[PDB]
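Structure with N-acetylcysteine present.
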Amino acid sequence: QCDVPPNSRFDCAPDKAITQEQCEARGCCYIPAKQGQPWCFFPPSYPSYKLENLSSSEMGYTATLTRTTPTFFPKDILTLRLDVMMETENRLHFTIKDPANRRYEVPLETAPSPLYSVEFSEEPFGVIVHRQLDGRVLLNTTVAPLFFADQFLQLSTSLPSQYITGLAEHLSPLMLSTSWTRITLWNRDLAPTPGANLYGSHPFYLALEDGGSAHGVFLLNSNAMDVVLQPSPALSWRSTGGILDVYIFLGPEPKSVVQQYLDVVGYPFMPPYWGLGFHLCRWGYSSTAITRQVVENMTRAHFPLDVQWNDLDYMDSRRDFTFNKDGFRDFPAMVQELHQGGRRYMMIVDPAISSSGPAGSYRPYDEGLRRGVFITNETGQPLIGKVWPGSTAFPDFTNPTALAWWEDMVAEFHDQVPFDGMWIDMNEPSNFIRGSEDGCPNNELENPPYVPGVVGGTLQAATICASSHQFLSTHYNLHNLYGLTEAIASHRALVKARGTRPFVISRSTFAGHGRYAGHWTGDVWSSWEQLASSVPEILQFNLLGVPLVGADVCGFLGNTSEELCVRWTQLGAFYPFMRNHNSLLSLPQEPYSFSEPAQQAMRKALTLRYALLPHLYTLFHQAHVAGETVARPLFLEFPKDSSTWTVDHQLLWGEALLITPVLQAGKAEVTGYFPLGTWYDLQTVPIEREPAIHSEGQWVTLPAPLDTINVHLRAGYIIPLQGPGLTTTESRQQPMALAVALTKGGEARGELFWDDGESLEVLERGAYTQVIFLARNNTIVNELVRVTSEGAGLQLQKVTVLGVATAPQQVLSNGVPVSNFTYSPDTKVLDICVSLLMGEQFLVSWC
Ligand SMILES: *[C@@H]1O[C@H](CO)[C@@H](O[C@@H]2O[C@H](CO)[C@@H](O[C@@H]3O[C@H](CO)[C@@H](O)[C@H](O[C@H]4O[C@H](CO)[C@@H](O)[C@H](O)[C@@H]4O)[C@@H]3O)[C@H](O)[C@H]2NC(C)=O)[C@H](O)[C@H]1NC(C)=O
Ligand SMILES: *[C@@H]1O[C@H](CO)[C@@H](O[C@@H]2O[C@H](CO)[C@@H](O[C@@H]3O[C@H](CO)[C@@H](O)[C@H](O)[C@@H]3O)[C@H](O)[C@H]2NC(C)=O)[C@H](O)[C@H]1NC(C)=O
Ligand SMILES: *[C@@H]1O[C@H](CO[C@@H]2O[C@@H](C)[C@@H](O)[C@@H](O)[C@@H]2O)[C@@H](O[C@@H]2O[C@H](CO)[C@@H](O)[C@H](O)[C@H]2NC(C)=O)[C@H](O)[C@H]1NC(C)=O
Ligand SMILES: *[C@@H]1O[C@H](CO[C@@H]2O[C@@H](C)[C@@H](O)[C@@H](O)[C@@H]2O)[C@@H](O[C@@H]2O[C@H](CO)[C@@H](O)[C@H](O)[C@H]2NC(C)=O)[C@H](O)[C@H]1NC(C)=O
Ligand SMILES: *[C@@H]1O[C@H](CO)[C@@H](O[C@@H]2O[C@H](CO)[C@@H](O)[C@H](O)[C@H]2NC(C)=O)[C@H](O)[C@H]1NC(C)=O
Ligand SMILES: CC(=O)N[C@@H](CS)C(=O)O
Ligand SMILES: CC(=O)N[C@@H](CS)C(=O)O
Ligand SMILES: [Cl-]
Ligand SMILES: [Cl-]
């Protein structure tokens, strides 16, 4: 009965240190490890639930689950209801609930055969999900008991392989370790470090299968939870409340798994085009005069900058919706001037509202109080904590009245200072004291029977009381949604205030966040280690449907070095969200603050990003319309090549651009993985060392001096580019170009999506142009999928073709010889000057 292999032992003492006698008294097996692995574990006979009265309907199945022997947790729910819904060919959904009592549930809006089959074990109860095509077992919950107590749910499964990704937010390789790893989801203000619950929680994983297929599992539960991985391999979800509400996504391709997950939680929002430009911020731009010098200094040194930011500096006494009349007396004029020059403006907004001012002196608090917008305590008064301005109350973003109040405060402030988006910080919610100024009461929510592995060992640490009251439920159930709910409220507030697409960047997140907002990875150190760790983290958030993500370029905490900031700017120019931000006590790190050689390398990185913006924007359109990733790991694009599975220090933009950064000090080369095919060096395309890597699926060492980042373009792909500007207001007016990467057989395909860059409801109203580009048999053409006023007058003036094996004697554009072209026999590049329009059918040819 106790003859269970070490790797397959499921912990029967997750709640406390246990002796052999207590372990055995629980009905469990005691076998010490020989050197983590639990010593006390469940035998196969440990009491679980029994399935009874299984029945079928058009939707799927229903059954009763009954537990006869209590567990060691209090308040087992002995009778449960199972509902299995076979929702689509790719999506299976099941719930386990208490039929006698409504329990907390997360607020979320909703040959021919499915890819899955589902079977059940009777006693002990289990759900078993097979992939139909190959019979692989994807889910099998029979592997361990089902626990379902009021404040402890546990469901386990075998995993199909040792390769699993997801379960943000943590500082970790992209592929998670199955070596007895406890992953804790409890939103927490902590500078990113390994082994810790960070700012967000995403209870989703994607599991790879031998041969390159994959599936995903989403547990729709927002309670504090641990997810425990062991090397058998297997996983246990361990939550402190709510219900088991489980979605399984069948793929089979990893890209399809992500799309299927996003079909449930929401496709990524479409950012405004300007949001893809460079953003620059620090804590410490302490006046409008200083802030203005930033733009002046960037401009003088020819560095693009679309958006100027401020941190708390602008506020009056660190309070939302105010500005001080010392250094920021002329804040409105500063922002108006930014707009006059074609730039946008962003500033920090905190959730917590100063509660200490004289009554009637601070409208956000006075109005919030009147309307009852705040989270309240046991006696019904606002819970008061401590954040930047001192004593503060916390808005309840599940309360409709709070949503209306937030809209009003944002609109009123925007009437004074016309900011263009909101940077929402401190929204875990972060509290500088434990729980509240008045502590927290002693009850089961504050002192639960199972506390997940949170930093500080309590759910109150660095946040507010768990038993505090919100409109929908207690904070205990809603905590992991705090940031998400603020992001939703802010998205709506910005739509109403400005009437164009919102731009919200949030610290705290939950599953589905990307439908409303972007993310940055928080208070990272200026270290080579954190530069490297930013790659898997940005990739992870893309898999989780938050493609608008980045880290603070050059790092936030501490002092950066010139070398680190060159490499971080190079890599960071490929973050889908690119912002350099810096702490109050740090040395300056704006691009213009470095030596001339470093400035040149930083300028090159920004210039290349700006040239790529039409392509990056098209990638965001694909994310928004089809649930695609923007920055993606090699394994998403080449899953059948298992050498890609562990690669997380390279990234792709979409299908075709492979970026291989230097991520260590003192390196003048880098070794990266190249999937089978021809990869052209993007440096062979003119913008205002072998030319091609011919890979069989192999590691390649590349030169990478300080001034260089390696970027390669996949053969078979065409990328749209646009001319330069210090802002997108300027760059969007420039002529465009194509880079055409030919296969050996002369083929390539690409596309361009173009709209006005900021309007709402573009796809619904059809207010966009969409063009496909095709290379074949020594010709390049466009195909006009949709042409509207938005895309009219887009000038195509340059076409660069990579992999042209022999010099052409003539090059034609719509049947007439071009004004000129160049061919380089060494690089195999044909560069062609043309006078064409993206929105009018053309034919370019050569021979
Ligand atoms: C729910 O939240 C509300 C706030 O919205 C919170 O109100 C706070 O209650 C405490 C008392 O529990 C108040 O503190 C008092 O303040 C007065 C005047 O400033 C003092 O005179 C009081 O002193 C007493 O306690 C001292 C102990 O150190 C004794 O030495 C002294 O002799 C007095 O007996 C005391 O500090 C606080 O002012 C309010 N806060 C606000 C903003 O009004 C309430 O407690 C919360 N409820 C729960 C159950 O947590
Ligand atoms: C899903 O997981 C469950 C639980 O791990 C698997 O069921 C278990 O399978 C093992 C191995 O087949 C069974 O043990 C074997 O039992 C036979 C007969 O008693 C014995 O001759 C062998 O020596 C061995 O011990 C075990 O009984 C069984 N447990 C239960 C509760 O059924 C199951 O195989 C997995 N399902 C799938 C489809 O993979
Ligand atoms: C499993 O179901 C049986 C039968 O339930 C009946 O048929 C169902 C389709 C539905 O229409 C029910 O409303 C019916 O009662 C349950 O056995 C019955 O239990 C009731 C109450 O205890 C008793 O009056 C009947 O005599 C029982 N009928 C039979 C045929 O045994 C049984 O309790 C269910 N099991 C569980 C764990 O819920
Ligand atoms: C980051 O650096 C600051 C400032 O460093 C100084 O100025 C630079 C130009 C360079 O010349 C450094 O070598 C200098 O030390 C640090 O702040 C200083 O800290 C020291 C030591 O604690 C203190 O004596 C100084 O007064 C501080 N000066 C200022 C202007 O703040 C800061 O400590 C560094 N941060 C970290 C994490 O190391
Ligand atoms: C913008 O650039 C100006 C000029 O380079 C900076 O002003 C100089 O700052 C240095 C400190 O390194 C001082 O020693 C000089 O006295 C300043 N020169 C002038 C002409 O003012 C300025 O600090 C930069 N501002 C920002 C916000 O980066
Ligand atoms: C076009 C321009 O110069 N300014 C615009 C975009 S910043 C504006 O006033 O909002
Ligand atoms: C941590 C890791 O796997 N790689 C690091 C150091 S080896 C890097 O890319 O620089
Ligand atoms: Cl012991
Ligand atoms: Cl509830």
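Residue numbers start at 1 and run along the sequence shown. Read the numbers this way: they start at 1 and go in the same order the structure lists the ligands and their atoms.
To find every copy of N-acetylcysteine, look at ligands 6 and 7. Lab note: main contact partner of N-acetylcysteine (ligand 7) (name per UniProt) = 76 kDa lysosomal alpha-glucosidase. At 4.0 Å, heavy atom to atom, the residues around N-acetylcysteine (ligand 7) are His649, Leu663, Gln664.
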